[PDB]
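Co-structure: methotrexate and Thymidylate synthase.
Per the PDB entry, chain A residues shown: 18-304, in order. Remember, it's 1-based here, ligands and their atoms both numbered in the order they're listed.
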Amino acid sequence: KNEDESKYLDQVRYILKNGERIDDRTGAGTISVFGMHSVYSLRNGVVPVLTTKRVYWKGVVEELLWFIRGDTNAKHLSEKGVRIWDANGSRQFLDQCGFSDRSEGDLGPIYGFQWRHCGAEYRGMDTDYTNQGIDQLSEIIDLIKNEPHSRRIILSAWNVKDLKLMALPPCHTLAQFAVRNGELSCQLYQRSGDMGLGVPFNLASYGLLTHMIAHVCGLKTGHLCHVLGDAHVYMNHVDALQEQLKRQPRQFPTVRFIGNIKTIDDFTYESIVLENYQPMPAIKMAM
Ligand SMILES: CN(Cc1cnc2nc(N)nc(N)c2n1)c1ccc(C(=O)N[C@@H](CCC(=O)O)C(=O)O)cc1
Ligand SMILES: O=c1ccn([C@H]2C[C@H](O)[C@@H](COP(=O)(O)O)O2)c(=O)[nH]1
């Protein structure tokens, strides 16, 4: 009945069977297919959070709220128990990326900064950037509200001039939104998708963001189209993914929002309620 999660599982099956064995930039073995497309229903509250292995929902929500704040300080995420960016903000990683003058935790002008302060001069994580640069997130909300049929509703983190300053170049590269029949849909272009760890997290993240924007704009939700460039499995995840592929998906959970939420900046962890998410046991996959 959850045919959408079966699509994700079939993508993994296709990569394991047909993918090319390539060593990546780190020397890590991967199995890769270039160019994959899948569609997930977001209708009637549904968020595509995989049921065949637990997704780090606490991490998904806190990371997304941190992006929306325009925050690039890994420490602020770590303080909420979410460590997923900590390695990239470490004294070691900063020095190794030639960011020796940066304070620990400073990831540079990554997603949050690009979403809210696009084109502003980055001067470190501790600077207040209020009103500096282009607030893409507010601009796309204004387009959805005033010109819902627009073909120009794009949220991009791929700031070429800023790539050299970023801890990592964006994997979730741009998202396009569209309104049909008072339903908000999203097409996510992901240049690089780790099918084991990254992609399930990223699908949950853009599913949730589409619901949050729809809520602010008084719209229903439609679908999330997921476009992959390098759809890959790490060789060290193959046994774990073979275990997952034996499992039959359950129905995806739904999300609902509580409180008076007027703008994209008014969401809190407590305002977001995930309903009927009881996944199968987590499967450990190393970095
Ligand atoms: C999106 N993201 C950031 C991130 C940064 N660099 C990366 N680099 C690579 N090579 N691959 C990734 N998937 C990756 N992901 C994520 C998302 C989820 C988890 C995650 O589920 N972490 C679990 C631990 C999972 C585990 O490794 O056992 C946790 O409790 O923090 C980590 C990083
Ligand atoms: O949100 C994220 C962040 C990272 N990655 C994975 C994809 C790649 O395996 C790696 C990034 O390496 P490059 O594509 O930049 O080489 O991390 C994701 O899948 N999603």
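The location of methotrexate, copies and all, is ligand 1.
For methotrexate, the polar-atom distance check finds an N/O of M302 within less than 3.5 Å of one of the ligand's N/O atoms. For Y251, the closest heavy-atom approach to methotrexate falls below 4.0 Å. Residue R100 does not touch methotrexate, judged by heavy-atom distances below 4.0 Å. Closest heavy-atom approach to atom 3 (C) of methotrexate among the candidates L214, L185, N219, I101: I101. Per the entry, the species of origin for chain A is Brugia malayi.
The heavy-atom binding site of methotrexate at 4.0 Å consists of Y73, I101, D211, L214, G215, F218, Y251, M302, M304.
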